[PDB]
Participant: 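Entry of interest: Steroid 17-alpha-hydroxylase/17,20 lyase complexed with abiraterone.
We're sticking with the PDB entry numbering for chain A, so the shown stretch reads 31-273, 283-503, in order. Going by what the header records, the deposited coordinates were determined by X-ray crystallography, 2.6 Å. In what follows, every heavy atom counts, from backbone to side chain, and hydrogens, waters and symmetry copies are set aside. One-based numbering, in listed order, for ligands and for the atoms of each.
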Amino acid sequence: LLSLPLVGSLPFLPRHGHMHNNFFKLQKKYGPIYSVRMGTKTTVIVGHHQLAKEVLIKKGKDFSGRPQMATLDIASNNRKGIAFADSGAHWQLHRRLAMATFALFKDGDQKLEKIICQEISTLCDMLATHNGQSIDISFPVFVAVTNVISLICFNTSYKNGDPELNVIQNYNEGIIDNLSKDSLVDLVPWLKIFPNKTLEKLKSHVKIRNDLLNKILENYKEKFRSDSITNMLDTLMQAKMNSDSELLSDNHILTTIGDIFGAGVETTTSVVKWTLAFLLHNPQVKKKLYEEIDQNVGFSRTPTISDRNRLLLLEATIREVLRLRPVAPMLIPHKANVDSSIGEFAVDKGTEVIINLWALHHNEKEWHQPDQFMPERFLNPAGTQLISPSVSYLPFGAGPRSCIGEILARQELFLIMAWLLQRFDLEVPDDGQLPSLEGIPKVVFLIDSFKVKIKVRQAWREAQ
Ligand code: HEM
Ligand SMILES: C[C@]12CC[C@H](O)CC1=CC[C@@H]1[C@@H]2CC[C@]2(C)C(c3cccnc3)=CC[C@@H]12
């Protein structure tokens, strides 16, 4: 007898399990580096911190490109902005500008901390009215960080109950929904194979986004002045003026701002939401954080960046969430700019390269009990200093494409968690429903919405 002719082979079921996991699973069989073919396209998947550090750092510029996806083409207005922009003059300029923007927030009245704290203050005030009730805290958090990013981008914020916030939250939900089904690593190009409305759907969420950004950018051309660089939009216009003409067109500026707005809001919200979930499943850790927040900060004042030097277990909890649930479990896809190599294997010009960050954060030789939420992994055995327990760890990636929002995100997470932990007891709702920790892989790695019982703290009031 005979083997049947094979016309197609995939090593696991599509739309079965999370893909970053299925890829990790195959490491057992094939090693930490291997490739897949779909039509003309080859894709490399990397699942070890050494070979990843080759792609991200050592050969940074070689692998700093982005592949082209019909779905990203829409989200990025034909490859503009930073995130889904390919390497080139376009990317490099807009990346450096945005970065330069961030320094305009290093010291003074527009200290990043002061902008962050104002909003956490509104945010804690709103949340306080719900004393005794179980709420989904998604929207209150989305609001506070929508504000921080808005101030940083434009020097504007939204008053309470402005409907624009609701309009944003909507096309954000609908873009994240139609950007991919599961991860950005779509394996089989299902949307070229059968009739469907997903590009149609995606276009018209992005239309409404682009329309809101167009209003603000034409309504700002007349407020703009050379002697006043205080936000990101200024920085961009300060560049268009001096000069790079092809590079800073209207579309190009809109899209960069659109990336930062998107990225500022959805990543931090998601992580806050994860952190709260892990905290609800871990009442032993939760208790110690209240005890640590009392011993070190008490109730004479609200928490402060300078507190990162003493709220160590809080910073370890955040570190551990960013490990167990990476925001980007497979980063964003890379691409080979020139012919090159990983681990001394050939990788040709144009090949998609994916770092399975999830594998690195779960490597069993690198972590002692990787499947466990254990903020202790990030402390010395006593409890008094933060440690880097493995090199297989890159929540913010690294190299030419590393996260630019990293200082922003770090401070937003630490300050949100600290104000929250000071003022509020956060408990399971009366119906003992805990959130699912499984997650929902999309551009960002999300958690199903859930509810938290929020109460005002006995110790917080017993001091007013
Ligand atoms: C916990 C929150 C965050 C995490 C864990 C995180 C992590 C990451 C990772 C892993 C990447 C991709 C690295 C790669 O593609 O190889 C990335 C890229 C990026 N992030 Fe974040 N990030 C966070 C928050 C933010 C924030 C607050 C912003 C905006 C202020 C932001 C803006 C960006 C942008 C614009 C890129 C694209 C970089 C490029 O293509 O050159 N991120 N981030
Ligand atoms: C789709 C979305 C989120 C929904 C918005 O409507 C549009 C948008 C634009 C830029 C994207 C963002 C999600 C987060 C992205 C993908 C991001 C990012 C992703 C992960 C970590 N850090 C940053 C850089 C650009 C960001």
Participant: Which ligands, or which chains, stand for abiraterone?
Facilitator: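 It corresponds to ligand 2.
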Participant: What residue and atom, counting heavy atoms only, is the protein's closest point to atom 18 (C) of abiraterone (ligand 2), and at what distance?
Facilitator: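 Residue, atom and distance for the closest contact: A302 CB, 4.1 Å.
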Participant: How far is atom 6 (O) of abiraterone (ligand 2) from the closest protein heavy atom, and which atom is that?
Facilitator: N202 OD1, 2.7 Å
Participant: How far is atom 7 (C) of abiraterone (ligand 2) from its nearest protein heavy atom, and which residue and atom name does that atom have?
Facilitator: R239 NH1, 4.1 Å
Participant: Checking a contact table here: which protein heavy atom is nearest atom 8 (C) of abiraterone (ligand 2), and how many Å away?
Facilitator: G301 CA, 4.1 Å
Participant: Taking non-hydrogen atoms only, is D298 closer than 4.0 angstrom to abiraterone (ligand 2) via side chain, backbone, both or neither?
Facilitator: both
Participant: Under a 4.0 Å heavy-atom limit, does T306 contact abiraterone (ligand 2) with its side chain, its backbone, both, or neither?
Facilitator: side chain
Participant: Nearest protein heavy-atom contact for atom 25 (C) of abiraterone (ligand 2): which residue, which atom, what distance?
Facilitator: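 Ranked first by proximity to atom 25 (C) of abiraterone (ligand 2) is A113 CB, 3.5 Å.
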Participant: Tell me: protein heavy atom nearest atom 1 (C) of abiraterone (ligand 2), and distance?
Facilitator: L209 CD2, 3.7 Å
Participant: For abiraterone (ligand 2), is any non-hydrogen atom under 4.0 Å from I112's backbone (N, CA, C, O), its side chain (CB onward), both, or neither?
Facilitator: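 The answer is neither; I112 stays 4.0 Å or more away.
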